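To keep things clear, I will list the structure first and then write my remarks on it.
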Protein chains: 2
Amino acid sequence: XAXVXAXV
Amino acid sequence: XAXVXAXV
DNA sequence: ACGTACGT
DNA sequence: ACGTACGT
Ligand SMILES: *C(=O)c1cnc2ccccc2n1
Ligand SMILES: *C(=O)c1cnc2ccccc2n1
Ligand SMILES: *C(=O)c1cnc2ccccc2n1
Ligand SMILES: *C(=O)c1cnc2ccccc2n1
Ligand code: NI
């Protein structure tokens with residue numbers, strides 16, 4: 001859920 | 001992610 | 001419900 | 001001259 005590299 | 005000239 | 005982010 | 005960055 002976090003987006004820091006993928007954002008899902 | 002390393003910062004030695006951009007640091008991202 | 002998954003990998004992105006740069007230039008001296 | 002070099003890899004760090006999280007939860008909905
Ligand atoms: C977001 O909160 C989150 C948490 N765990 C995960 C596991 C795998 C893919 C995506 C995820 N996203
Ligand atoms: C993004 O691509 C990415 C990959 N690995 C991680 C590990 C821990 C926190 C955030 C991350 N983001
Ligand atoms: C940092 O760890 C890192 C890794 N690879 C990259 C590729 C392109 C731009 C920035 C980057 N940062
Ligand atoms: C910073 O500007 C910079 C430019 N290119 C690089 C290539 C390899 C390692 C570190 C670098 N830092
Ligand atoms: Ni470059």
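Chain letters run A, B, ... following the sequence lines, proteins first and then strands; every chain starts at 1. Modified residues keep only their parent identity, or become X, and their further atoms are not part of any contact count.
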So what's the drug over at chain A?
echinomycin
Other chains near echinomycin (chain A), heavy atoms under 4.5 Å
C, D
What molecule name appears for chain A in the entry?
echinomycin
